[PDB]
Chemist: 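This file holds Transcriptional regulator with cyclosporin A bound.
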Amino acid sequence: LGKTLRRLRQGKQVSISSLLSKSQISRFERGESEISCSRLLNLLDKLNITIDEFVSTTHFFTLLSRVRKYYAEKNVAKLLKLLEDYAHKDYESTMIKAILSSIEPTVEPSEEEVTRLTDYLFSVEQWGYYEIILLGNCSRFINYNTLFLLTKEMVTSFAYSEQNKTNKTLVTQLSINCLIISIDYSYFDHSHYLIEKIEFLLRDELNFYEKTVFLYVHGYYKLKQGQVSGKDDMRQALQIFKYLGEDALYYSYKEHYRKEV
Amino acid sequence: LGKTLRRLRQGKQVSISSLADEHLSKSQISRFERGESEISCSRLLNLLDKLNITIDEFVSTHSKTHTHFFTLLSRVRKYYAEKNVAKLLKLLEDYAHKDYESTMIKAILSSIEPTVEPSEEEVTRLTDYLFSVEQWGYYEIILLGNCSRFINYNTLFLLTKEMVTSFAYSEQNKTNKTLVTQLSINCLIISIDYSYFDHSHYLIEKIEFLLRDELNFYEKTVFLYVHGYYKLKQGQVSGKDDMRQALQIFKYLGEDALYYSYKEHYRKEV
Amino acid sequence: XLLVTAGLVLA
Amino acid sequence: XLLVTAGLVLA
């Protein structure tokens, strides 16, 4: 950490002086002295750098970075080797199998692996990035009733900052994901609950992607509640995907539309 | 902080024993959670990593406290919404010892009370600072964004080039990337207005690159409009189709203010 | 909040 | 849902 502090400071043309003492500042930078997070945050604040930003410049992040690399390549052998490498880490390997499944259908987490993970998600008092990413990536292997229960826990007990809305945005996406299945399965009490939660999450945000998928999925709701204008909403969301050249989203939702409408 | 660690750890049903290693004993962890002892940030990060929490996530659940700069922004924010010239005025006296901050406060304040503007010399100290930075962070990006109306176009363009090639983000946090994308589009708008099609072409290529494999539909919608506007200013009929599509998007999403504002631009320039 | 345009970043 | 590859979740 002493190293990363140095770089950030010095690349701002900030002297050690005008920032602890000169000695200890200098002394933490050279990785000789340990400083408290309190004093580190104080230093970053003096530098006008957030801790969010500082981190951006970690076991789970390392795993995700490797997954992203191999998945983008659609490299099944490499993802199988990654799976090997993480096989002794239970939730992580379950998540890797879930991801792998989408490009190699023969690979899937077992019912028992999924249950250990949903037991863990159910047990967490406050959801963070870890839990959110695990749920999101394992959702196709979680039965709907369990999915709704966990989604409700997540929505009501996650944290985020005003500076970094990453978690809030993911929670919004996963809530909408749950909502479209609730409507598929005609859990309209569930649907009503999720709609209120999503509208609250979207308030005073840009989040146009989520608003576009929400326009479609809420339109779907409306159609199943007997409002014909829902069709208009769904067709408009499709137009938005089309106008922005968002091929995957357009062809996927158009597919869902053709089957359901 | 030990209190927050304790809460998060118990919240995950994780034992102190399972967190202990050669770096921190059970005893040292307990004494930290109870506030009897302090531990190093590095050792705290090790604990957090075991709990799959990164220190930025830990900080936001610890308290609603934010940095000086974010505190500044939050104050300025609510005054700009309420049009209160009065307390922005002594917010400005409160920050007189902070050159870039007060220069920025003057820039913002000028948008509701034009009698106050940053001087050319103030702006120049800021642009000199901005050119001097090796990596653009939230601070430099927000400074540039809010002072842009007082930077000469060519310096603004050059500053934008610096920012797009020197900002930092990660896969887990695209906050700065989204901001950089927005400010690049802002520069593209000016470049088109002033008919700098060289600069426009560069910016379009950069913006397309920044939007690749991202969501960012707000920026994609604005870029649909602005690029269409660029296309129009060079005799492609399709440009008007692009702008009308962007309008429809705002409309369809119930974004009335944006719809009104861009439709006004359309009826005027087209 | 909304940027229309710059505007207050990030308002 | 179909986001290959943007954002780190595959709904």
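As listed: the chains are lettered in turn, A, B, ..., one for each sequence line. Going by the PDB entry, the residues shown for chain A are 5-23, 28-65, 71-274, listed in order. The PDB entry numbering applies to chain B: residues 5-274, in that order. Heads up, chain C uses the PDB entry numbers, so what you see runs 1-11. By the numbers in the PDB entry, the shown part of chain D spans 1-11. In what follows, every heavy atom counts, from backbone to side chain, and hydrogens, waters and symmetry copies are set aside. Residues with modifications are recorded as their parent amino acid or as X, and additional atoms are not taken into account for contacts.
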Chemist: Which ligands or chains belong to cyclosporin A?
Modeler: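 The drug sits at chains C and D.
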Chemist: Can you tell me which other chains reach within 4.5 Å of cyclosporin A (chain C)? Heavy atoms only, strictly under.
Modeler: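 Counting heavy atoms only, the answer is A, B.
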Chemist: For chain C (cyclosporin A), find which of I146(B), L187(B), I112(B), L77(B) contributes the most heavy-atom pairs closer than 4.5 angstrom.
Modeler: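 It is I146(B).
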Chemist: Check each atom of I145(B) against the heavy atoms of chain C (cyclosporin A) and say whether the ones under 4.5 Å are side chain, backbone, both or neither.
Modeler: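 Nothing of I145(B), per the 4.5 Å heavy-atom cut-off to chain C (cyclosporin A).
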Chemist: So what's closer than 4.5 Å to chain C (cyclosporin A) heavy atoms on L262(B): side chain, backbone, both or neither?
Modeler: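 Only the side chain of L262(B) comes within 4.5 Å of chain C (cyclosporin A).
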Chemist: Using non-hydrogen atoms and a 4.5 Å limit, figure out which bit of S265(B) sits close to chain C (cyclosporin A): side chain, backbone, both or neither.
Modeler: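 The side chain, not the backbone.
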Chemist: Which atoms of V80(B) are under 4.5 Å from chain C (cyclosporin A), going by heavy atoms: the side chain, the backbone, both sets, or neither?
Modeler: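 Both backbone and side chain of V80(B) come within 4.5 Å of chain C (cyclosporin A).
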